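Pictured: Sodium/potassium-transporting ATPase subunit alpha-1, co-complexed with istaroxime.
All chains are named by letter (A, B, ...) in the order of the sequence lines, taking the proteins before the strands, and each is independently numbered beginning at 1. Heavy-atom basis, side chains included; hydrogens, waters and symmetry copies ignored. Determination method: X-ray crystallography, 3.7 Å. First listed ligand is number 1; within each ligand, the first listed atom is number 1.
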Amino acid sequence: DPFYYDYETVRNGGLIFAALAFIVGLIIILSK
Amino acid sequence: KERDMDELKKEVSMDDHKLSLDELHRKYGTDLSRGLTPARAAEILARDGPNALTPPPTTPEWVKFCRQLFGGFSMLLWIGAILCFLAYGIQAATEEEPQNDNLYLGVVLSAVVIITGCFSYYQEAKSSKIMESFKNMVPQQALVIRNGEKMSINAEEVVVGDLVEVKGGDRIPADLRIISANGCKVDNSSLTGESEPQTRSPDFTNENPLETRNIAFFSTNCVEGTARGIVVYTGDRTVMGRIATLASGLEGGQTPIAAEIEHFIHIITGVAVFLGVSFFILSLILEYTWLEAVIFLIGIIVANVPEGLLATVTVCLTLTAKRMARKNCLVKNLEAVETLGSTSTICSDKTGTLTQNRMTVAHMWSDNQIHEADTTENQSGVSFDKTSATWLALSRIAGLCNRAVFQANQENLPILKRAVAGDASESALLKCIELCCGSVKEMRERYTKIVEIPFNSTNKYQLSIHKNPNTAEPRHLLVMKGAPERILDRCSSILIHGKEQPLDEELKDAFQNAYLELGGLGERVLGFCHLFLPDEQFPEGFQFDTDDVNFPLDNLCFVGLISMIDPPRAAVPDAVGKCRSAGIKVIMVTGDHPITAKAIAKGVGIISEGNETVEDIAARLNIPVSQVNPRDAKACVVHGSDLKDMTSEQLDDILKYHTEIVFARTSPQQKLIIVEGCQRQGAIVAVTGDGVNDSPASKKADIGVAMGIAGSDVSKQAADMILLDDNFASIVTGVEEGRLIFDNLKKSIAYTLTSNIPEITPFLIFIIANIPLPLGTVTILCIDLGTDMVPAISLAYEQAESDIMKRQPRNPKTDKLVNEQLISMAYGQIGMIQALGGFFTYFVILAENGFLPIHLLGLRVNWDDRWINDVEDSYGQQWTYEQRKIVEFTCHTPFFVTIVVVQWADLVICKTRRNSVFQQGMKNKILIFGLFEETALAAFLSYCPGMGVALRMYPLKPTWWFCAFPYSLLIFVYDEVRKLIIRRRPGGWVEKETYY
Amino acid sequence: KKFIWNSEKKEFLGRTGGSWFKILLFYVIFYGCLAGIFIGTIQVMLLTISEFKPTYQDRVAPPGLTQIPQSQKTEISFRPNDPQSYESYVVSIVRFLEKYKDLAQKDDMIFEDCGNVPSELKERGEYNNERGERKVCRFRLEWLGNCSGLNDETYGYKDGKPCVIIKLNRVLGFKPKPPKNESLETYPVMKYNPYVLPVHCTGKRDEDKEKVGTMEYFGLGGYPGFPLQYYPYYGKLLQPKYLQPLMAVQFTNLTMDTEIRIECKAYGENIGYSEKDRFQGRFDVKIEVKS
Ligand SMILES: *[C@@H]1O[C@H](CO)[C@@H](O[C@@H]2O[C@H](CO)[C@@H](O)[C@H](O)[C@H]2NC(C)=O)[C@H](O)[C@H]1NC(C)=O
Ligand SMILES: *[C@@H]1O[C@H](CO)[C@@H](O[C@@H]2O[C@H](CO)[C@@H](O)[C@H](O)[C@H]2NC(C)=O)[C@H](O)[C@H]1NC(C)=O
Ligand SMILES: CC(C)CCC[C@@H](C)[C@H]1CC[C@H]2[C@@H]3CC=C4C[C@@H](O)CC[C@]4(C)[C@H]3CC[C@]12C
Ligand SMILES: CC(C)CCC[C@@H](C)[C@H]1CC[C@H]2[C@@H]3CC=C4C[C@@H](O)CC[C@]4(C)[C@H]3CC[C@]12C
Ligand SMILES: CC(C)CCC[C@@H](C)[C@H]1CC[C@H]2[C@@H]3CC=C4C[C@@H](O)CC[C@]4(C)[C@H]3CC[C@]12C
Ligand SMILES: C[C@]12CC/C(=N\OCCN)C[C@@H]1C(=O)C[C@@H]1[C@@H]2CC[C@]2(C)C(=O)CC[C@@H]12
Ligand SMILES: *[C@@H]1O[C@H](CO)[C@@H](O)[C@H](O)[C@H]1NC(C)=O
Ligand SMILES: [Mg+2]
Ligand SMILES: [Mg+2]
Ligand code: NA
């Protein structure tokens, strides 16, 4: 039905993005 | 009535020193050779208080904590929190099922001020926590004569009117009236500022108690010799005591950074109340009643207050303060880190601050040639030619015939900073031979001394005979030293490259002009000579008993002169050049003699080479000084003898027409008056001192800069910034970081002030167009107290766009921290694009879910209603309360995301005020992380399991993250081309209206 | 320092006249461009949506269940004697049913007589505009027995034993699916399970269920629900003056002078519920006929 949205998949992608972008920012401020 | 008490301290001190010995003993009832009975001593002890300055006024820790919770900026957040509970008081009692947003907001604002107070208090208290680790107050017992016997007692156990004896090395306890001295030289450096060790003689000399020698002073040390004195002043009544008490009782003033904070709020609230009131009138004109319009007034004003700006500003100041601590330049005040950048006139102290306050060998005379010795504190200067017989002979005369040696623990310390016992002159000679001529230990015991002749009260000469252990000549070596006028009479031979010559006037007059060269340079000159005694007339067994003529006073062989003076610190001259380059008027303020003050000012940069004084012009023309025009002299020397008989207007005229000023022989009180005169010009003044005379000048100054080790404790506490390393170049570092953080604060301020427009416009048109709420409260807090925290703080790590040490000091009345240009950009243009971008995402989500943007007009009337569970949209569908409220909350979450999207470009453009982003470059690694954290955190606040449950922030359909993309790109384009036109057109339009 | 108003050298409110004109002209042009840009982008946004269907329809997955007396707190408190006490209710009921009169549904070009018996769903092609304006099945007030009457301009309703009709939230393209014949304990209901969306009312706890004595339902042909012959909806643009099905509920044996809670739960597979939205699928009411 067109009345069902795959919110769990979009939500899953949003958290994975929040994980990648954040850890990469940590790598950014850690120039070693 | 404390006003009169302060006026009795700003006055120059008075005394009763000039009295006969019998008169002083009668007035004090004290025996001159015995002192007094111990019972009489204890009677005064329990009468006026022990001889010690009253402790500073203790500052309890709860007082300064509540101090950090107040101020000027935190006061704004306090009145805002009060308005939140006031609005909630009207809201709770008047509407149904009231919302917990205003109460949530009131407590959050209160929490913001409290956490900011705890963080800032932890930093200011940390500065004091390390400052208390510097109080190495070692108890020092004084030698007092009572009941005819000598006794050593604590300095506090000393009272008024009793004989006190001091040994060469003992620190003078209280203020004494010398009665009998024997070659006693005291060090008045830490008090009046007299550099060379001023001797103390019982005979009354000058009307001023400071210049006279019959007075020993508090906190002064006896350099050499011994002396007796009657205690005249004790405790706080002492000289330095009245100076210290004056410093504690002086005002601190209003820091320039705090004044910028006050002017900042003057505009923040000016527009907040303007928007709130004008909209309050508009709301009542429409339909909202007094009940609701009052809440509208408070909401519009309260939202216009940057809540997260307090914490970001405090951390922004804290970061620069951290760098100050890294370079051993501690700031006792968290905001005093900025005061250096705003400084336009630095009042420096000569002895101790600019100079090292230590006699050092300056120049040498050899072969009718001047040889400058290295006078740097760290020994990093030019080394003279040390490969000649004239040098070895001169060095032996100084290293051998000199009553000066090292001490016990002086073995691992450097050659200069180590301790030496004896005269300051003999100490300088020892430090130069131990550094440029090997070691004086073995060089002294080599030539065995037979009979010595120390200095004399008249015809001051110091000679001694030594054995010659050379493997060629067994003749005795006689050496002598003294003033050039006292040795020229006892000389006939002259040493040159090894051989001797007569006293020919061709080289003897060449010696006189060189003596006048070192003397005119403000240094103390001495003359060294030696002669080979004929062993045929004085055999190896003949004992030269010191009574009659055993040594030829005349016919000696002169080698050369040796001058000495306290040299300026290593990085002092270069630092003075940097400050004058920055446009800061350097003014020397000291109580030292003018003869040396003028020379030191010439050597540091306060007096430019070529400029003449009012006196110099007259001497150049062989005319009286009263004829020359003071306008012809760019520089001028001001003696304290003339400063006492001056008015405020006269001092103003001295500062206006003379660019290079040197105040010499100025009393500590006159130091205060000099600083007050510079403050009358409205310019920011910084005082750099060390002695107790700098306490009243550093306290009243906008910022006091003290020396961490070579500075007295009083002026060290009255100051606002301490240099633990005593590196005067820290002043240049301070002015650089001060202007740096000032402009960086402008950028960080414009960033937080830009987000304000898209934060309030949703609630504004919510009242006008009667549309559903475009942006919620909790979502706004996620921006002002969440995501934007990192970009705002990362904006502090920005570097210089151009050379900051090249621009002139900022005018206080002209260059304001927040002006109409910054607001024209933040509230007027950049924030405006952010607001429209938010409304774009708002209409996008609603229209895609069935609520056309045109259909949302006047919908909030039934939208916000909780029981109308059938509201027709644009397609005819019926939405319940939660079904549409879920859409509103999932419309606030992407609106928040929309803010982060436009904040990307807003951060990149605010990063550079004038240069292009391609010029400045995205090298700010903290800013890069500011974008990554802000973006990832924003996604976390929408897609975490339970955000729509706790923060009412529902997940976003992936297409919303791009609804705001063109707005950010547009903001970047418009601001980039704006700064580009500022580059190619530095005239007026894009610079006077947009550049801030 | 705050009297910078004017001077003989031309300044007003802080700046000169020529400067005021330059700034005002710049801001007018700047904000004009900003307005034009926002309008152009909002126009592109309007071009990304159609006229016959909303792009996102997942936020209305479980349809609501509303009533005719849109009470301030879903409570019905009145006096069986005082006519002004229940005026706010009757006014809303008459205004709601004003579009269901036999005179309102008179044009045969936009109305279609569905039938006296609930039948299967009526799909009128696709949702595009290739077809003309679709027809809307008629629904005369006579279907709601004992809660319609043949009254005058004012529908003299029930003073004692009031009437509360229920309505299913109109959703575009929504096809109601009643529960299977394997009904999982659905409270005595008629055997017309295939062509009508059942709706059953009840109390809320052991107290409300006892106070509410007898309830009488009224619908199309006598079934307590909504007939499938009226679905799906094709939007307001293609189906204006559409009349969604109605079903009345009367509470005969009530305990006067006592506030009792009633929960009218609509059952079906395509009908969801929500613990946060008490209107999604279910429906609540607080009736109190205080005499
Ligand atoms: C509608 O209301 C009428 C009353 O006007 C009800 O008619 C009564 O019905 C009962 C049987 O249930 C008879 O015993 C009475 O004699 C009837 N009275 C009248 C005046 O007709 C009717 O039952 C109601 N309809 C429904 C479906 O409940
Ligand atoms: C309608 O409700 C009334 C209660 O209000 C029922 O009558 C009561 O029955 C009990 C016994 O169970 C008696 O104690 C009461 O005195 C009765 N009251 C009245 C007013 O009669 C009645 O049975 C119910 N009728 C229907 C058709 O449900
Ligand atoms: C201007 C450019 C360089 C910035 C780079 C960041 C852009 C490309 C990133 C930042 C945030 C990102 C979004 C983060 C969250 C979501 C939800 C996820 O379930 C699908 C991807 C999606 C929709 C991302 C698309 C790409 C995005 C918009
Ligand atoms: C809700 C709606 C109607 C409010 C409309 C407010 C608009 C018209 C207001 C809000 C902020 C205002 C600007 C604020 C800043 C500047 C710079 C100043 O040096 C002159 C006024 C000027 C140029 C204003 C022009 C008018 C302006 C853009
Ligand atoms: C309507 C808008 C999008 C078009 C505006 C054109 C923009 C995108 C173009 C015009 C001029 C271009 C710049 C020209 C100069 C420089 C400096 C160089 O060292 C790197 C490329 C760089 C940084 C270019 C980047 C892209 C640029 C800014
Ligand atoms: C608290 C509020 C006004 C009161 C309110 N509901 O009042 C109806 C109670 N029945 C909720 C509103 C919000 O959530 C949003 C609030 C707004 C006041 C002004 C606020 C605090 C702002 O500047 C941004 C958010 C705005
Ligand atoms: C449901 O089952 C009953 C008997 O249990 C039967 O009478 C009725 O016709 C059935 N309905 C359908 C739609 O199968
Ligand atoms: Mg804000
Ligand atoms: Mg000093
Ligand atoms: Na101060």
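The full list of places where istaroxime can be found here is ligand 6. For istaroxime, the other chains with a heavy atom below 4.0 Å are labelled B. Using a 4.0 Å heavy-atom threshold around istaroxime, the UniProt transmembrane segments of chain B, numbered from the N terminus, that qualify are 2, 4, 6.
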